[PDB]
J.: 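Mind looking over this structure? Questions follow.
We're numbering straight along the sequence, starting at 1. Both counts, for ligands and for their atoms, begin at 1 and track the order of listing. Looks like X-ray crystallography, 2.9 Å, at least that's what the header says. All heavy atoms count here, side chains included; hydrogens, waters and symmetry mates do not.
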Amino acid sequence: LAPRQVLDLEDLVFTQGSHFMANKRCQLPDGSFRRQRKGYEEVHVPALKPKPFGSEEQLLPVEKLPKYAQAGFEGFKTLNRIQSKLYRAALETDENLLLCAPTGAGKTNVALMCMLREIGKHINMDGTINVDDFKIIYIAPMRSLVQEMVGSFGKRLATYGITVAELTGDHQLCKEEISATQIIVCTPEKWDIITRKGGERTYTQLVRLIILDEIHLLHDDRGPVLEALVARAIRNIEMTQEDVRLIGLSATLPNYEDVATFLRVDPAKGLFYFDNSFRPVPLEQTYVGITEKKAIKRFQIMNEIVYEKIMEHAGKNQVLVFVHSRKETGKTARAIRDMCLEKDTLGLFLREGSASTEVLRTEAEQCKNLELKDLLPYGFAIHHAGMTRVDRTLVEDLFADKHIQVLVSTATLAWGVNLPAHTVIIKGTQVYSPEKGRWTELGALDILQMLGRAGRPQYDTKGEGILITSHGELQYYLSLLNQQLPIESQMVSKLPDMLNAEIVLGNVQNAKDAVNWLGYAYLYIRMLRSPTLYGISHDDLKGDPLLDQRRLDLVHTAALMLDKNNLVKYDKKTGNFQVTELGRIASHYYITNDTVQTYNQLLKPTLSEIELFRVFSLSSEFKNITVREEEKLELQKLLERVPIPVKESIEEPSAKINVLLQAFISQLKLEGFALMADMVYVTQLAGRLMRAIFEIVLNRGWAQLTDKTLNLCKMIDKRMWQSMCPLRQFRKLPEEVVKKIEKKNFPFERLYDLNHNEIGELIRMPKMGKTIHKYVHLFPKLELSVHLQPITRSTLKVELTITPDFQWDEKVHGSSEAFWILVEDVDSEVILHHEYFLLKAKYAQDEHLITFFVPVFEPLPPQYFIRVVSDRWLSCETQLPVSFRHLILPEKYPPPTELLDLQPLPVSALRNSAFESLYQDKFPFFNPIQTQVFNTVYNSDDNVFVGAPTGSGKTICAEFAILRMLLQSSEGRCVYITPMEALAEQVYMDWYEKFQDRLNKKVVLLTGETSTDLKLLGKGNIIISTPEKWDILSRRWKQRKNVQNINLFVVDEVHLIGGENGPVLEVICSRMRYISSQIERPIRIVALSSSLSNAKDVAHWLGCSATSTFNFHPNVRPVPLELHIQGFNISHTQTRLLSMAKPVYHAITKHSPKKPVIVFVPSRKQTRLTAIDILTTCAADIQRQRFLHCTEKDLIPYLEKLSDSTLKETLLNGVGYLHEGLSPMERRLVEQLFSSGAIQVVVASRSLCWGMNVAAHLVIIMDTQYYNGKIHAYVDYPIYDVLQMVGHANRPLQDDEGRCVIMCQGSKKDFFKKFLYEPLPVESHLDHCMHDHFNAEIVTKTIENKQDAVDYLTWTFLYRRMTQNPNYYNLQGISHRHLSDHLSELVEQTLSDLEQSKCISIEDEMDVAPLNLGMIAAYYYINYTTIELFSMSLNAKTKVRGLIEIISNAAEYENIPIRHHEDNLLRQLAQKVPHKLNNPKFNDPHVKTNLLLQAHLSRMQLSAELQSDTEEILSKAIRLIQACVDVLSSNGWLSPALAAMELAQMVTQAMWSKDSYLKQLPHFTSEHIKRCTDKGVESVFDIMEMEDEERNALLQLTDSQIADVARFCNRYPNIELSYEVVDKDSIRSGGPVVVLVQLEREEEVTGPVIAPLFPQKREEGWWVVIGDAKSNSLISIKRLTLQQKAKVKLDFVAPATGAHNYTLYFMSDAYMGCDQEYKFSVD
Ligand SMILES: Nc1ncnc2c1ncn2[C@@H]1O[C@H](COP(=O)(O)OP(=O)(O)OP(=O)(O)O)[C@@H](O)[C@H]1O
Ligand SMILES: Nc1ncnc2c1ncn2[C@@H]1O[C@H](COP(=O)(O)OP(=O)(O)O)[C@@H](O)[C@H]1O
Ligand SMILES: Nc1ccc(S(N)(=O)=O)cc1
Ligand SMILES: [Mg+2]
């Protein structure tokens, strides 16, 4: 890299700040005349005549202006002279503009027209405007001007339904008032703070137009912030490639074109410059400089000059005087009034208009305080911001209405309000500047503004500007006000802070990045056009025209500064930057680097509040504050009144600052001017600086100093010491009241126990007694509850339940309340864990559960402490000791099985050549894991456990066991179970083409349906299944032989046993252990797993011996892993995500710049977005297509088969993505391209980490939480899901290593740092899912009594772990006795619950038996509570409406997710469905399924994920409906039962109860029905009996339409029924009555049931039913499948005597309207 040079930075800089002039000479216009007065020199320049109207230079009227821009212009008939040249520029082009004009010329309306244009392209046809589509930024230099603008602009655009809102000050992470607004108005340094925050593209993404008002501020010491701002923005336009319009508004000053360059303005098309001949009113300006320095006489001289100047106006004229003190307005107004009453008493009577009128108006307003009463009767008045109230806005009135004759006012009036005067006289021009620590000349920006108020636009002809100042070196002002003071760049002054900001953002990563950034600065353009002025020689410039040396030297110098102060780690060699937490905080809280060093140096855990106050005063933003003599006395008084001792700071500036702050909190009235100005300064800085110290110390875990610092933050905010009364924080509560309660030695906590009457009776003030009670209960108060379960001997899982215990009030609490959860050691010295909890208003009084892990150490202490502290409220916290007194730590886990460094095992150890073949073509030798394992699995016929990290090759370890089975047995059968369906389908693909193609042995994959699955188990050598599918088969293992005689049983990913749905896995694996040892032909168990801590427990459970148990440590992983965990201390997920964007790219380029990359993101929407970001970042880096490793031409043939539109675009750029909205085809395509090498990067959603057969070199996990709409919260990725993600970063054949970067919220970092490197512990949750499996065992009669239930548990993993980690399973005791006790108390509850729910019967306490409800739940695999609710909610008159409600309330649909902002989506659907729901809470999955079910019936296409959810719903719908039939028929109800069967078919075909049966046929629309309704065809029976020529002539056909419908009626069941009553003649009461039903189809043709709008491929089902229609009674029932010919018998019992009238029913569960009816009689 290039050599660098350390720079004398202080030399290169412009020391004079805004006052600096590289102006040299100064030419005056034609009026030159100088009128000396010995004591002071006078200089005049005359008003300018107005330039001539050019050829076709007319003034455009609003009439001609576009009809949509008319609004916001009532109050205007025509356009200004300036505004005419710019109408095309502003409203007809999107070109960047730079406008220069006299202040007052009307540049603002030009900015307004530009706004209108951006609004112009959001007109939305009928709907008036697209308010939520865009945003405009208006950057103004003064807070007073901003509020002025929000006012004016707010009126204009109110007719557009558009909102413009203020946003400047101390707004840290602003509220949703910025998300609602469309025009943001603010100051530079505000906007800078916002766009530094890392999460910024949420405020700025929508921003289409930003406006820089008074951009000459560039010249000021605030100048850099503008440069920083614009450089930052411009660079972003390049990155996102989203065009943003820049508009500059400046005053007529030199260098304007350099500024236009800076703004990327086209000199030909966007530069508009208007010299001072374009003023609103022509200006007669007068400048006077006091020659002599007699300072007392100075005021006397100065006040004499104002005197005579005012006199030359009197009766008809109006004067404005500007001075520079809140109190100087009063002095001056009275000083002149007395002056002109003792110096020849020149008439104030000469002032009051007429001879004595309007004097009564000025007297009728005289009843107002603040020395205004004294001036108003006369001709004088005053205006200042400082504490002036409504009077301020009334002096404004009378001046504007021309009653007030002489107004002297502070500068803020020039910005705050548009009231101009005929003549303006600026007095003195000196200002006390706190940060400079002295008196200096005021800003060039301020002078211009106020002196631009000379002459009222509609009532004046000439304006008179008088400028009184020092003669000494202030011809500078002539330069300013006559187009001659040049605009320079002040960047060097603020370089290292400005650099640091970008570094923290990720915008610059190295000196090179930096040096490029500098090129965006106005600094760069000036150094070019004026190199000598900036210390560059003419010779350097010609040799280095792009200033590559200087910009690197500049950067290098500032880099060393940030390094010295530890804001940034920088090495001179590579030139790379690393960001530190110190520099991160620095940038975020806007504090200079030198301060951060001081804090880093002085802070320490044991800091006292005394030393704390000391430290704050060493802040470098105070480095200029001195202690003046004229204020030493008053400081001494303050020091004696303030509470915190100030050591030996004595009369140093440190002491001054320290007590100034204390005085502020004590609310001490101050007296000394300047001393007040100083106080204001350190107080506004005090929030940030403290909050910064808080974060520094929070992060280091310093418990005590964290508490001190947060409290100090709150004292400054709430202006009260910590000892005072919490009630003071209520600002609407009489301050004498609070003083009364304070002086009582009374503890605040005791106020909660008193009522309004007792309160007053103790304050001795019975009036306020009731309103205090109101406030006490408004005060934030939380209850904390804790639950503990130890994980290892080093970490415990803590479940904190916070519960709000107060009344909410949006005018007191706002929309939320922030807290900090702090968990600390016994000594309360260390913060062990911490996180930020946010109580949103909507969910106040709602339960909040917070989970997290904490470290524990060898000899445990009694307790830890959880403290929950308000972020804003003083004396507002809640503490909770977490006792360890009864804590039993789990047993020490055994070491990992050692990795023997055996020499690698070649494929030749496998003998069989048909075997070796499917391996030899792949890899040369076996990894150290497979070699070590081999011997035991391929040679032995016994049980074995393998525990290695994912990516280690355990799959083929399992395959070893399978080869042996095929070797040892001809048609042997092995069962293989993976916990995930997407994994099941992955192995089946691998194994089918491995075992049925290569080895010619049938390989099968189980499905939902029982009958067809039974068949597959039969013909299969290799069986593949998820645990749930295998459970419903093996549940009846007695009745099924094929389950019993299986040779081999492989369990993969057995660590998932500790996850959700872990129970079912554990139950089946135990069922195999039970069976195997119960038939004496031992089944071989082979279990594969991630590295376990407690593998001994698993092996002993599954029959493995220690030796044949292979649990390796994660470091054993064949491809070594490089893990990096990157925390983000950002709580708001959307923000966290957005600020992870740049770090994702930067990670690719660092860790895997060439090799492939997978990025996981939490959602489908994120998947598309992150991809697009990577592209745009890439193209901005000038790379464009560095992730495409083929040519675009090569891809076209594949991308032709894509319809997504956008991954077509992204893949073309080398980046793909994956979610579940993509077609299975679209997925396969993308994966293929990735494995091939064509694309380097795919972004996949978290859900697809299980369904991906793709490996990268680098895996990036972007955030680790997903939103769960049910509990309105974000929840963590299961560790299982993350272990998997990381496994994707291994490619054994191509990389020397795998790399993983996890990006997570900071509160999560420490958790990942343990459970990724170390082995994993696992527990059972069988006990929390114990009912359904017991209920099934009692049905199968494996559990015949209570003892058998205890015996059954002895085969489970649960049984092993209860002894090893008792507190996890809440075994309050320890071992041996408590164990038998707890087992028996567990079986007791479950049987009780099952008995109470009608599922089982308990007889003699010991014995159990299945009941009806229990039989139906075991059969259909339905949770027992579902059928409890089914039998509880189904009556005699339930119809298909109530049936849907009941079925959707199934416990099965509980797990249906509610995603972010679907509550708005579901709310819409509800007001669009046939059957309305009452009180339907839209975070309830049941409410969701209910609507999603109607939408499916109503053939509605909707959101992608909703159709995707509908699929998971329908997938369980059938078994649920069938269950309902069973219950209604078990209860003898006729009506509901039949309607329930209708539901079964109408679900399958997706149609309603009275929808035309014509909808069963493909391609038919709702209009095709009425062209058959009128025609005479309203049935499917009709279209089958009419000839073919007449059939296709009916409606519109195609060749492929005829093909689909033909095959439809080749499977539409043809029905005919014959029946006889056996012994029809001889039948009596109480005797059996047999009805023999004959069934046969004539189709002969059969096949898969066609129901296009149904995700499952289901089979035909039929119910034959007998009932009494008259009395609503179901008499007999039988379900079957046709098989072409069938004989169904079903008998019942006869009534007392006579003959009855019955009905015979024949219903389908699949097709609509095949149903037959028959009336018959017996006896
Ligand atoms: N001896 C070997 N040499 C090189 N590559 C191998 C070897 N054995 C397996 N592989 C490959 O390594 C990849 C990872 O192996 P595998 O899928 O078995 O991981 P695992 O450790 O079993 O965990 P999981 O199966 O849960 O991902 C597979 O794609 C496989 O093809
Ligand atoms: N077409 C117009 N008709 C009447 N008044 C105008 C017109 N254009 C601008 N003005 C007035 O000129 C005054 C000063 O102009 P402003 O828009 O504040 O820009 P600037 O002061 O930055 O030049 C404003 O009070 C505004 O009302
Ligand atoms: N300021 C801050 C925000 C969030 C977090 S954390 N640890 O909850 O993510 C810490 C500090
Ligand atoms: Mg595996």
J.: From the options ethosuximide, sulfanilamide, afegostat, mexiletine, methazolamide, give the one found at ligand 3.
T.: sulfanilamide
J.: Which protein or nucleic acid chain has the most heavy atoms near sulfanilamide, under its name in the PDB entry?
T.: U5 small nuclear ribonucleoprotein 200 kDa helicase
J.: Report the binding site of sulfanilamide using a heavy-atom cut-off of 4.0 Å.
T.: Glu695, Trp820, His834, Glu835, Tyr836, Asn1129, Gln1305, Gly1306, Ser1307
